[PDB]
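Presented below is an entry in which one can find tepotinib.
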Amino acid sequence: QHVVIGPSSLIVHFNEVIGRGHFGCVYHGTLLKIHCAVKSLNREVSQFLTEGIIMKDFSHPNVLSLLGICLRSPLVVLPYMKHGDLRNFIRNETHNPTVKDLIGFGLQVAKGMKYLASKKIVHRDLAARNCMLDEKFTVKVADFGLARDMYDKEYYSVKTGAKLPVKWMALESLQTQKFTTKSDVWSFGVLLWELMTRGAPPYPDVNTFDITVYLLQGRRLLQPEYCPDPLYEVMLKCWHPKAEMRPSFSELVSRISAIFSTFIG
Ligand SMILES: CN1CCC(COc2cnc(-c3cccc(Cn4nc(-c5cccc(C#N)c5)ccc4=O)c3)nc2)CC1
Ligand SMILES: [Cl-]
């Protein structure tokens, strides 16, 4: 109810398309004198909102928050994230963040997920492409509730129906399609790997279908050259086949902050 912001407050710059999605494109906005991201929803809507309304209660420095929505293809207002998504940023030929900085972003994602895990929310699509950065280089775990979409179709394979992020998905999800907090831990492992390779595509010489047999043979992603061993030991623990022996997010926050603390820059 309070989520519903009035139409005269929100401006939407349709020519400046900042993101692109399946359900709708993400246009630039200016709510009045603050900057915004306005996500459309062109192409179910009744069902999508009731799950989304719970988003407003959530607040945490490393989780994306809801500013509001405007009814009229209803528009979803979201805080403007200056430095874009995290997959685009670490690849960006401009900012050269250190190994420490990359481990810092990963630690920040651990805290966003620790929060959401404490609320019993399963993300289901945790990846560098679905995490944003603000002016202060704070990582915000996004793509959940009303912000939920596909923002880069290449990493989603098309019998089931709904398109799945196979290369980020854990072994039980690939076989069953049942997602959990311990499955989200697998995805986090893959995301950490992205940070240490600076946004390299996981499993470059592998088809979208073939990851289940690949993983079952006893294979994992290799250790990146500048990935410090302890972090590789963490990455491997996240891909433990028993979704039980995998580490909790509170343990991930604890262990990674220890690793982060051992660097200069
Ligand atoms: C060159 N260009 C200059 C402008 C820069 C800043 O532009 C922005 C782009 N997007 C936002 C934004 C903010 C809040 C919420 C969302 C919605 N949302 N989007 C994505 C998303 C956005 C873009 C690319 C990809 C991928 N792959 C994924 C993921 C999760 C999610 O929840 C978007 N803000 C600013 C980017 C670089
Ligand atoms: Cl930090």
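Just so it is clear, chain A uses the PDB entry numbers, and the residues here are 1067-1098, 1104-1114, 1120-1148, 1152-1237, 1240-1346, in order. Both ligands and their constituent atoms are indexed starting at 1 by order of listing. These numbers come from the heavy atoms of this one structure, side chains and all, not from hydrogens, waters or symmetry mates. The way this entry was determined, per its header, is X-ray crystallography, 2.7 Å.
- Counting all copies, tepotinib can be found at ligand 1.
- The chain forming the most contacts with tepotinib in this entry appears in UniProt as Hepatocyte growth factor receptor.
- Counting heavy atoms under 4.0 Å, the binding site of tepotinib comprises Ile1084, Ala1108, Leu1140, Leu1157, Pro1158, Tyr1159, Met1160, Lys1161, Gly1163, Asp1164, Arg1208, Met1211, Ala1221, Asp1222, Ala1226, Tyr1230, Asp1231.
- Source organism (PDB entry) for chain A: Homo sapiens.
- Relative to tepotinib, the closest UniProt active-site residue in chain A and its heavy-atom distance to 1 Å are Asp1204, 8 Å.
- Heavy-atom distances show that, of the ATP-binding residues UniProt gives for chain A, the following lie under 4.0 Å from tepotinib: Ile1084.
- Most of the interface of chain A with tepotinib sits in UniProt domain Protein kinase.
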